[PDB]
Trainee: 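Sharing a structure with you now.
Below, chains carry the letters A, B, ... as their sequence lines are ordered, and counting in each starts from 1. Counting convention: from 1, in listed order, for ligands and their atoms alike.
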Amino acid sequence: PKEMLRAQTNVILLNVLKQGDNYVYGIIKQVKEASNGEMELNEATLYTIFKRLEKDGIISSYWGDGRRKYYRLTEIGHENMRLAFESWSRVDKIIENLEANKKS
Amino acid sequence: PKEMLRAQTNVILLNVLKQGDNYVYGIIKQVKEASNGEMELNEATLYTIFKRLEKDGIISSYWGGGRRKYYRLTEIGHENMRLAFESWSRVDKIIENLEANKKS
Ligand SMILES: COc1cccc2c1C(=O)c1c(O)c3c(c(O)c1C2=O)C[C@@](O)(C(C)=O)C[C@@H]3O[C@H]1C[C@H](N)[C@H](O)[C@H](C)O1
């Protein structure tokens, strides 16, 4: 489900930045390690995805020394991630009740 | 965030059918109870989603002391749920390794 890799990739990316600001080569690098080599994200997509988020104010960009472009999570970024994790937590619960309410 | 509520609703409906075949009013009830009244789905929304899923072969329908239309998860349905649940566990792990690679 190609809309789902979109989300999965977005989730992982968001988590990398919540760790701390980072640049694309560093981001692809960290992800490939944490996935023990199974996931190589492509620049075009990271550059592609990163445009949407800054467009929506979830992340912002800044140049740091040696000079590479760095990306950081904004507050609306931190907030929207919190709402995401919490809503999805309620979903976990709804589903768990369904399973439990099943056995009864 | 309406792209995420739609995604969440699809998970729940799919997980209801994974519990067992059911009709629309039956589904709304089970969801209302598992969410202690927080997620009250209306008919129209389920018909909308079920039309898409049936078109994509994820679910099918058949007739069941009153006559009800029942919906069922197809064989392809279960398989996508396994691939989905699995791809999503892989993501969880990746994120733990990112956090692990952080401290380490
Ligand atoms: C931090 O959580 C998130 C934060 C932002 C976006 C997301 C998620 C998220 O957790 C998430 C998912 O867990 C799943 C999906 C998803 O899109 C997201 C996000 O977008 C896709 C999925 O909806 C399917 C089958 O289509 C199910 C899958 O849930 C997993 C875990 C569920 N609790 C449940 O067990 C389900 C069966 O598989």
Trainee: Quick one: what's the drug at ligand 1 called?
Mentor: daunorubicin
Trainee: So I'm looking at this entry - what's holding onto daunorubicin (ligand 1) the most? Name it the way it appears in the PDB entry, please.
Mentor: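 Most contacts go to Transcriptional regulator, PadR-like family.
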Trainee: Could you give me the letters of the other chains with a heavy atom under 4.0 Å from daunorubicin (ligand 1)? Thanks!
Mentor: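 By heavy-atom distance, the answer is A, B.
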Trainee: Given A/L14, B/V11, A/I94, A/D92, which has its nearest heavy atom closest to atom 22 (C) of daunorubicin (ligand 1)?
Mentor: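 Result: the heavy atom closest to atom 22 (C) of daunorubicin (ligand 1) is in B/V11.
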Trainee: Any idea which protein heavy atom is nearest atom 34 (C) of daunorubicin (ligand 1), and the distance to it?
Mentor: A/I95 CD1, 4.2 Å
Trainee: Report the residue and atom in covalent bond with daunorubicin (ligand 1) in the deposited model.
Mentor: none
Trainee: Of all the heavy atoms in A/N10, does at least one lie under 4.0 Å from an atom in daunorubicin (ligand 1)?
Mentor: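 Outside the 4.0 Å threshold, so no.
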Trainee: Which one holds for A/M4 and daunorubicin (ligand 1): side chain close, backbone close, both close, or neither close, with close meaning a heavy atom under 4.0 Å?
Mentor: side chain
Trainee: Quick one: look at B/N15 and daunorubicin (ligand 1), take heavy-atom pairs under 4.0 Å, and tell me if it's side chain, backbone, both or neither.
Mentor: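 The answer is the side chain of B/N15.
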Trainee: Could you work out, for atom 12 (C) of daunorubicin (ligand 1), the closest of B/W88, B/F85, A/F85 by heavy-atom distance?
Mentor: B/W88
Trainee: Return the residue, atom name and 0.1 Å-rounded distance of the protein heavy atom closest to atom 25 (C) of daunorubicin (ligand 1).
Mentor: B/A84 CB, 3.5 Å
Trainee: Would you say atom 31 (C) of daunorubicin (ligand 1) makes contact with the protein, given that contact here means a non-hydrogen protein atom less than 4.0 Å away?
Mentor: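 No, no protein heavy atom sits under 4.0 Å from atom 31 (C) of daunorubicin (ligand 1).
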Trainee: Taking heavy atoms under 4.0 Å, what residues and nucleotides bind daunorubicin (ligand 1)?
Mentor: A/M4, A/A7, A/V11, A/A84, A/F85, A/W88, A/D92, B/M4, B/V11, B/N15, B/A84, B/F85, B/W88
Trainee: I'd like a table of the close N/O pairs between daunorubicin (ligand 1) and the protein (anything under 3.5 Å), one pair per line with both atom names and the distance.
Mentor:
{"from": "daunorubicin (ligand 1)", "atom 1": "33 (N)", "to": "A/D92", "atom 2": "OD1", "distance (Å)": "2.7"}
{"from": "daunorubicin (ligand 1)", "atom 1": "33 (N)", "to": "A/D92", "atom 2": "OD2", "distance (Å)": "3.1"}

